[PDB]
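The sequence lines are taken in order and lettered A, B, and onward as chains. Following the PDB entry, chain A shows residues 1-334, kept in their order. All chain B residue numbers match the PDB entry; in order, they span 1-334. Header entry for method reads X-ray crystallography, 2.0 Å. First listed ligand is number 1; within each ligand, the first listed atom is number 1. Excluded from the calculations below are hydrogen atoms, water molecules and symmetry mates; all remaining heavy atoms, backbone and side chain alike, are included.
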Protein chains: 2
Amino acid sequence: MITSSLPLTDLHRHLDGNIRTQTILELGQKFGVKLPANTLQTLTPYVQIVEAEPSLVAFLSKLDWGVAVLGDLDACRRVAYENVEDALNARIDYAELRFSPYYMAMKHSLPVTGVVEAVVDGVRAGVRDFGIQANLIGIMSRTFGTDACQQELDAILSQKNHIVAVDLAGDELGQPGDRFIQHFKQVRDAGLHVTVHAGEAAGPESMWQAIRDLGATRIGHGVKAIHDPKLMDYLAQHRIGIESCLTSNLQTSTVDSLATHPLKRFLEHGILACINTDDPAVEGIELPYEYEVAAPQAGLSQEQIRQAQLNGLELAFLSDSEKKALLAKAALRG
Amino acid sequence: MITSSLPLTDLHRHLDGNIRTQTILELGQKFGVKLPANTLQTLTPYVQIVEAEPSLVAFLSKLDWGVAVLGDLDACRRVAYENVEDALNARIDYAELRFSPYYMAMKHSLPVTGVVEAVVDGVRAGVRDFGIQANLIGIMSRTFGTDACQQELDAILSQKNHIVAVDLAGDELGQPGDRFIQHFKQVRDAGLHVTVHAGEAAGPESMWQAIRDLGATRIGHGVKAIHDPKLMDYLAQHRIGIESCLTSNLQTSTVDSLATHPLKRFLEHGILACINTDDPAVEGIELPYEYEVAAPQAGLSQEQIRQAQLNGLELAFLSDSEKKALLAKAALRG
Ligand SMILES: OC[C@H]1O[C@@H](n2cnc3c2N=CNC[C@H]3O)C[C@@H]1O
Ligand SMILES: OC[C@H]1O[C@@H](n2cnc3c2N=CNC[C@H]3O)C[C@@H]1O
Ligand code: NA
Ligand SMILES: [Zn+2]
Ligand SMILES: [Zn+2]
């Protein structure tokens, strides 16, 4: 259960893996994109996980129809705006929305810098209209190779005043993190924070590399650390964040069952693990369900769920002043 | 792929497991039913399978919120009507819609005979407005016991001029078929056809009991027959229909993977097996997806998928005249 008197964060939330099916249908029709189906219920299985996919890359294909309908920059602004509304309705007080502008732009060859600007505009309008707090994380989609990721990084950095961090996401096995060392040097020299998807499809060596050579202070998933006691020791004493995504790990077959998900053992090890959605529309979940159903099925007690909620606040890419303010604001509730 | 020049049937399709999430929200608000969430995206994981459930009854719990909002007889009429529109939109030419009026009625204590009449009315209005062909199958929900099922059967038979068959559905292992012998004697005495959910959670012994003691000429699922070579010979020799539900069997964990689903081996044994949805809204699928994605993943060639499509026509609870007319109507398309 969500604790009302604590801020509720979502720190690992892909806005371009969270496109409403109704929006896919409308933009698909607006741009003449031939979709596999033409009603909400018949399109649902093509844009949403039906049962667990056998791999991370099989799961990633489910996001494709959502970005296939981004026919102009206004479409990207719309999806970004709608994502702020969805975060509000999911009870989130502070959301970090991550997005890959290269991935969003590639089906209709949109200008990647234009896509970054449109997403900034859409989230800014959404924050104004819906009243939650939000920050942006730019993703380098490793899947498309280092050259595409450099083009994507250039676009992200041109709006660095509005973006708090850069992420590495996509096909972890096919494009290991040691190919992006010089990309993340540019990220840190620009003063941005670093989170990295690691230890999901690949093993603990990917997490070590992200920590040591990419400068990650948060890791997306990180579930393979359960096999590396020294790594779990390091995560705890260096306060590296673990962005846990329970349903996502099931649906990529990264974790065979919630009963064996490592989140509970991470928390028992004093690791700063937090609870997140990942790709809510693709997965068919939202944040309250992860708290109310998934986390108890992963064996967490209510005390452990509250600890994880607090960890999300501590891990946010915010100043301590802003974290203080969020805690003090939520403490008046409940 | 669906074969356009062939009739498309759905013979195993629970109307009370196919209630639109938007309709759940609207009726929930109408009748003051406190739902676990209040928007489409947040309510979805509570009314739809997220990943495979560990058991049949864990899957069945996903249906509860849809029937919890059936606050009056007109709500039942509405979801029956909306079910015909959904079948039309799923490209179905002939649907057999099955429903448990006792289950629909129990949350708000509706008159069970009233629910049956409302469902007949709604499907009749839908068949008029949407133009497909449909029949009704009344379900005894074994889950609630022999007395409840007798009351349910009485209500179904009061409309037997508008219902073609009676089914047994629910918790198969908790309420075995041998408890309902007298119920299905009444079904056959009234002249109705018999289909039985069997060989899903229990073994092939349950399928034998349905055939020999309940008089079933079609079996819902029947996936455990793959372990009984004598039963497979019998199914083929006696033309006993097998109503296959690919996604459903994954989501109940009845079958470990589509590649190991028995549908392909059934067809190769000459068994009349057909492709169906089961509970499309709960599963997050629809019939074209089963044909286009699930069936190839189950290893079927296009030739076998076509044979399964023809098998659905042959297994329909229709006269040979009506089957000929369906074939003739579809033959002009493509
Ligand atoms: O935001 C879109 C980009 O992120 C990837 N992406 C989206 N969701 C995930 C991704 N990557 C890796 N792991 C699985 C899950 O956490 C796809 C695309 O490149
Ligand atoms: O029509 C609603 C009734 O049918 C049951 N029911 C609904 N879907 C299924 C059911 N039963 C058994 N097997 C799994 C799947 O095929 C639930 C309720 O009793
Ligand atoms: Na779902
Ligand atoms: Zn992610
Ligand atoms: Zn069924």
Out of interest, what does the PDB call the drug at ligand 2? pentostatin
Trying to figure out what pentostatin (ligand 2) is stuck to here - the chain with the largest number of contacts. What's it called in UniProt? Adenosine deaminase
Other chains near pentostatin (ligand 2) with a heavy-atom separation under 4.0 Å: which ones? B
Students should be able to answer this: which protein heavy-atom is nearest to atom 18 (C) of pentostatin (ligand 2), and at what distance? B:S141 OG, 3.7 Å
B:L15 contact mode with pentostatin (ligand 2) (heavy-atom cut-off under 4.0 Å): neither
Evaluating non-hydrogen atoms only, which member of B:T277, B:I139, B:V57, B:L60 is closest to atom 17 (C) of pentostatin (ligand 2)? B:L60
Return yes or no for this condition: an N or O of B:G170 is under 3.5 Å from an N or O of pentostatin (ligand 2). yes
Is the contact between B:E200 and pentostatin (ligand 2) made by the side chain, the backbone, both, or neither, using heavy atoms and a 4.0 Å cut-off? side chain
At under 4.0 Å between heavy atoms, which part of B:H12 makes contact with pentostatin (ligand 2): side chain, backbone, both or neither? side chain
Side chain, backbone, both or neither: which part of B:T252 has a heavy atom under 4.0 Å from pentostatin (ligand 2)? neither
